[PDB]
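Opening notes on tolvaptan bound to Vasopressin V2 receptor.
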Amino acid sequence: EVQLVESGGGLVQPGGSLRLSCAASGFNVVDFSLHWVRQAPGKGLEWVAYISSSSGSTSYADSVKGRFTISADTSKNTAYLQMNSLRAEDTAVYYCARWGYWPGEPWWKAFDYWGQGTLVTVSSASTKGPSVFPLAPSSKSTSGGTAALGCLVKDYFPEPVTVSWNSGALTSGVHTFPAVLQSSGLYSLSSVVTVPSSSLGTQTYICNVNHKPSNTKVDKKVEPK
Amino acid sequence: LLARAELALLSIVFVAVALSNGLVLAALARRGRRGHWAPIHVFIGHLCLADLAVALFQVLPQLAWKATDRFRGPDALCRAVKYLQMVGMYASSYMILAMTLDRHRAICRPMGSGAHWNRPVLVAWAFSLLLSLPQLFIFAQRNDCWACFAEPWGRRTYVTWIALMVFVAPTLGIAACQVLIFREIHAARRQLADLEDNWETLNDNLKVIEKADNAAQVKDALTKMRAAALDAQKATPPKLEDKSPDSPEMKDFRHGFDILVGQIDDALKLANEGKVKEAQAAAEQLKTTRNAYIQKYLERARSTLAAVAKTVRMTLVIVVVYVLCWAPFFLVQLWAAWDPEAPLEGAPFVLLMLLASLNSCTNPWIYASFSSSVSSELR
Amino acid sequence: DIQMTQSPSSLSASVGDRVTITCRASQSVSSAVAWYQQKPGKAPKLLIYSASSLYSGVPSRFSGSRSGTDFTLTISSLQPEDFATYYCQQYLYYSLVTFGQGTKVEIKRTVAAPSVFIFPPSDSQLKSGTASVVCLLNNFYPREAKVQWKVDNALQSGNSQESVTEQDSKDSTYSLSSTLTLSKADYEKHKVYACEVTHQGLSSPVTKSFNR
Ligand SMILES: Cc1ccccc1C(=O)Nc1ccc(C(=O)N2CCC[C@H](O)c3cc(Cl)ccc32)c(C)c1
């Protein structure tokens with residue numbers, strides 16, 4: 001019944017402009033104040049801005065004061081946030097929360113209905129396909145147990161990337177670590193798999209990496225050492 | 001002729017008690033005829049009655065040809081007199097317990113009754129009458145008129161039981177009720193202290209807003225005021241007053257604070273926009289509204305707690321005087337009864353008797369000094 | 001500005017264990033504190049909408065309490081779904097909203113002594129003009145798995161990037177991987193490489209070596 005949906009997020013460059021929008025269904029924006037709260041990747045929540053269409057009052061955080069502009073439209077029942085002079089630190093997931101007016105309980109229920117949040121990334125880099133580098137196992141993993149194998153993917157700007165083993169057949173002890181941004185502005189991660197050490201050639205494993213933003217699909221095969 | 005002292009003393013003390021009690025009762029009747037009858041008055045009056053009974057049954061008979069002697073009458077009169085004395089003792093002990101229980105009820109669990117009686121006092125009188133029945137069996141016209149009891153320790157079970165039921169248990173119950181009552185009163189005191197502190201911080205921050213000259217200080221003071229107002233609005237009245245949901249509070253207290261916080265929010269909006277002068281004007285309007293709304297409620301709340309504390313202090317004084325006056329008597333009687341070393345006796349029981357009667361003649365003065373209306377009536 | 005600080009950075013707990021999270025405010029906010037629960041890849045969820053008042057749709061499992069300026073969220077019985085981050089918000093006014101640092105609740109387990117593996121750079125990286133020696137520590141529950149690189153038996157810091165995968169629910173363990181990026185010229189000038197792990201699970205620090 002009550003729902004908030006955000007849109008307009010995407011990838012931009014420092015100093016650019018963006019226009020986030022939040023549409024509310026199930027209630028009236030006039031009867032509730034709409035707040036924009038951003039969360040940096042891996043960090044805590046941070047209130048950003050707020051608007052109240054009943055009186056036209058708006059407020060912003062000090063860290064973003066003078067750059068963002070928050071407005072509302074009652075006819076369409078949607079709040080908007082125009083972001084200008086962006087920077088690297090502005091990358092985050094922006095949620096829109098609803099907060100009732102003072103008299104009574106609607107005020108004590110703080111941010112009782114959020115939205116799914118929209119991702120915004122600020123970076124001067126551009127789309128680039130991911131390279132692949134196999135990580136050949138030890139010369140002879142004779143130690144009692146299982147050996148390790150994997151691959152490295154590097155130099156891709158848009159975060160999403162899919163890694164599969166044997167076309168999804170291999171799923172025992174698969175670990176794909178979170179992507180970490182490098183000093184060059186491009187992401188990079190590694191995928192690893194623990195496999196029986198009894199035989200490697202008889203059960204050859206391959207890694208397939210697909211990247212929708214650049215439409216880059218590549219498959220590689222590892223070899224013993 | 002040591003009786004020169006003894007009888008004489010009895011006489012004067014008798015007079016005292018009688019007079020005082022009479023006077024107090026008269027005052028009550030006047031205050032019951034002029035239209036200012038009170039729920040506590042009944043208790044006090046009945047307590048006075050008990051005192052009178054004590055006198056009429058204990059120091060007047062003892063103010064005879066040394067009571068225990070010939071020339072009294074048949075065994076029936078002696079048994080009746082002793083029963084009257086014991087019921088008087090029980091009533092004196094238990095009326096204070098009834099008063100303390102009433103105070104506990106009025107301070108902890110606020111809730112028919114006539115104009116000269118009620119449930120607790122009637123219960124106390126009935127218990128006093130029914131628990132003193134044994135005095136008829138033990139006492140008779142044995143012959144002076146003394147009582148002979150069971151040779152196998154008739155004393156360690158009668159005198160000890162009397163002390164346990166008259167002094168030990170009622171006094172322990174009164175002490176427990178008093179400590180609970182004082183816990184409750186101390187609770188209703190820190191809450192009013194919190195409300196007073198919220199009022200003080202609100203006033204101080206309003207003065208700061210008036211004196212301020214920049215948006216930052218005005219906004220900080222407004223935030224402090226808003227937090228203080230929110231804290232104050234969540235201050236339910238103590239159990240010593242009316243029920244929390246009612247026209248006085250739901251309609252004027254909570255609504256008053258809601259309008260208060262609305263004005264604070266409007267001032268904060270003006271300050272955030274950057275118009276400090278509008279914020280100061282809104283703060284002045286806030287002063288006007290708060291003075292109009294909450295000052296009278298706070299003043300009234302500061303007064304009822306005072307009356308409750310005064311009546312509780314009166315009850316505590318009554319209890320303390322009663323214990324100080326009656327403890328030696330029961331202590332000596334129990335010492336004589338339970339102990340095998342009883343024989344030693346210098347006839348100090350007369351002093352204990354007079355000390356016990358001191359409480360009966362002192363209670364009315366205690367009540368008079370703790371009630372302005374009654375003191376004015378005694379004029 | 002009103003600042004809210006949560007003492008517990010991350011609490012480890014097992015199913016059925018009562019847990020508590022504490023927060024402190026710079027000023028006195030009149031019970032205007034809310035408690036939210038966020039799970040990975042999801043928006044927060046209002047658990048407690050005042051100092052103590054529970055929100056609709058939330059089990060009585062959670063509770064809140066206030067003491068002057070201290071605020072505490074207590075969970076009596078911890079369930080598998082309970083594991084998630086928790087945030088404390090102070091909402092005294094529209095323009096004075098301020099969240100806490102965040103407390104992460106995760107499953108408990110015994111130490112596991114992770115197995116350390118080392119992957120030397122592939123020859124393709126050398127052909128392309130780069131080197132990336134990787135170290136892998138998998139299947140250890142407790143965190144604080146300090147890893148130190150050594151190039152030619154010399155500590156190297158400031159160029160190693162480490163990523164730790166989320167604690168999987170099938171085994172309740174972690175898997176950390178650290179890559180020491182190096183230039184080709186900076187790579188060939190050195191002969192040996194090694195990694196050292198000082199994790200609690202291991203009785204003594206472990207070291208893996210690689211010869212070029
Ligand atoms: C005359 C007077 C004036 C002011 C205050 C007190 C008195 C006074 O004497 N009361 C009194 C004394 C003795 C008696 C009395 O027979 N037993 C019988 C058992 C023996 C023992 O003796 C006793 C101890 C206790 Cl604890 C209670 C009652 C009594 C009675 C029934 C009343």
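We name chains A, B, ... by the order of the sequence lines, and we start the count at 1 in each one. We count ligands from 1, going down the list as the structure has it; atoms in each ligand are counted the same way. The figures here come from the full heavy-atom set of this structure, side chains too, leaving out hydrogens, waters and symmetry mates.
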Practice task
Indicate which ligands or chains correspond to tolvaptan.
Solution key: ligand 1
Exercise for the section: Write down the other chains contacting tolvaptan, where contact means heavy atoms under 4.0 Å apart. Expected result: B
Handout entry: UniProt transmembrane segments of chain B with a heavy atom under 4.0 Å from tolvaptan
Key = 2, 3, 4, 5, 6, 7
Exercise for the section: Extract the binding site of tolvaptan: heavy atoms, cut-off 4.0 Å. Expected result: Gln58(B), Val59(B), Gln62(B), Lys82(B), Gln85(B), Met86(B), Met89(B), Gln135(B), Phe139(B), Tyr158(B), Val159(B), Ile162(B), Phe330(B), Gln333(B), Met353(B), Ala356(B)
